[PDB]
*Asks:* 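Here is a complex structure; among its components: obinutuzumab.
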Amino acid sequence: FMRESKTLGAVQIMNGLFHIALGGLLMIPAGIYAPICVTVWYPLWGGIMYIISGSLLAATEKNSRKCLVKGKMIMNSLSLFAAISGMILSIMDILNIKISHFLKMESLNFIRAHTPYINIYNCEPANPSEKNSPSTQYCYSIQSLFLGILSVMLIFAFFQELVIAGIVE
Amino acid sequence: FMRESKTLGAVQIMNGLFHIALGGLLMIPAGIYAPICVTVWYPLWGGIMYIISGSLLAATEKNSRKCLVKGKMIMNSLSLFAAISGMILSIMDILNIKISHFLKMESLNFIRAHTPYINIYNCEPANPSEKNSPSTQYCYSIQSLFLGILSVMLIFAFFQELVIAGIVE
Amino acid sequence: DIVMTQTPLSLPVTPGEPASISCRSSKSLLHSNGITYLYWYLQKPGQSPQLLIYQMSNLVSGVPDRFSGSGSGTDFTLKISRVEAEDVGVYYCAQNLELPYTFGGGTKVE
Amino acid sequence: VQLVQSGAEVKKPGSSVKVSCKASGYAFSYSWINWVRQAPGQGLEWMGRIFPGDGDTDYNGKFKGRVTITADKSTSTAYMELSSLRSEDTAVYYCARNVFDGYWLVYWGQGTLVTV
């Protein structure tokens, strides 16, 4: 509730650290065709603006001369826009990874120069007897790990966006 | 220097849920020798300890109870012990994976028999015919992701330990 | 480099009973991984070369059923239950663990 | 998958010869091209290998670096370039496709013989 909104500033700071750290972690070249979440660089700017808003959110929790009321509307609107954009990106990326992709989203060169020969979208050799190779198991493990990461990120983003929407109301 | 006595409880709760979620997520089968982080089953009980510690302080803000303060300081001592144990195990695991394999640490069947013919510690081309192969590239990506996850976990554990040291007083 | 020696050099064809091809490595081929790499080739005129046996554990589909092969780590032996005149040719023993790659001298079977 | 190679060529000592090992039916950049020569009087003998994806190349080192091998991505064909061929180098050369994870050199080529 609005009575105890002060304690959530550190929560939003931690959420910003989440976005920045997970963006940096997903920045690694996991295949030529990176997930659309990291190509758009949404997590970095989303986390930085959550950090800014949380820093302003827990400034004074009162009515100063001009310190909080100016931002309490604009930054709240920006946070809501970031939340809706993030959930849209998550629900698009989960479909693009569960179903055959229809967006290219080529990865950047300076990270692609390290591991430019990793394929996750179609890692099935034409030989039916080749399914027992460790390469197929590695691809399946990578797919399962990415699915888990996307599901966890989507759930946590939904939780944070719903709590922010409840607080700003 | 002793800013607030209540707003840190939510942070501790969220870090406990963080450790629980990370422990649940890092149970994917990876090699015969599972990492020492998951063989000990440390993250789950650590996170439940942090969640109980947070629930004991986040929403109480009360005093004049002998049992409350006794349990609070005892569980704080166990929290320090858990934090230092987690630091030691994280350092040992990162040194083992990064430098060279020196510990077996056999795990349970349900997380070992799934991948009983793969290695995630020293996967380099034994012969020159597979110097640049999908298997070794996938294993290198797995190792890089594991190193990044370990670094993030160590950073978060250090921050949480610093928070506790600032809150023990 | 690595030199392989095989015997007999000629091994005249005789169906059924006699079938034994032996090759050895001078560097004691072993990567301490529990397995040893070995390959066998058949060169009969009329068609391009083809693979026969890969690290002496399984065979490519389409191979004659009466084929086998095993080894200990230092001396490698190839055994055929019943040799036939259709699959006549030479046997090449190969090792792939370090550059440069070297191929066996072969056993001319007539 | 099919492999097409140029016909045999007759040359002279001290000249240069090129052979076209055309590749089709597979991912040309996902297989290490291996070349093996066969001379009369003995068995096969490896000479070199090339990876066209990144330009990485390997050499036997038996000779003083006389082997020069290049690959073209636009055509997916590897070319032979040897300088000052000698009589003892008269042999047939085969280009083979490799398969990773166990099937080392299962796939062979038609081969091309050169005489000087």
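One letter per chain, A onward, in the order of the sequence lines. In order, the residues displayed for chain A correspond to 45-213 in the PDB entry numbering, which applies throughout. The residue numbers of chain B are those assigned by the PDB entry, with the residues present covering 45-213 sequentially. The PDB entry numbering applies to chain C: residues 1-110, in that order. Chain D is numbered as in the PDB entry; the shown residues are, in order, 2-117.
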*Asks:* Quick one: which ligands or chains go with obinutuzumab?
*Replies:* chains C and D
*Asks:* Look up in UniProt the name of the chain with the most contacts to obinutuzumab (chains C and D).
*Replies:* B-lymphocyte antigen CD20
*Asks:* Can you give me the letters of other chains with a heavy atom under 4.5 Å from obinutuzumab (chains C and D)?
*Replies:* A, B
*Asks:* Identify the transmembrane segments of chain B, in UniProt order from the N terminus, that have a heavy atom under 4.5 Å from obinutuzumab (chains C and D), or say none.
*Replies:*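 Counting from the N terminus per UniProt, no segment has a heavy atom in range.
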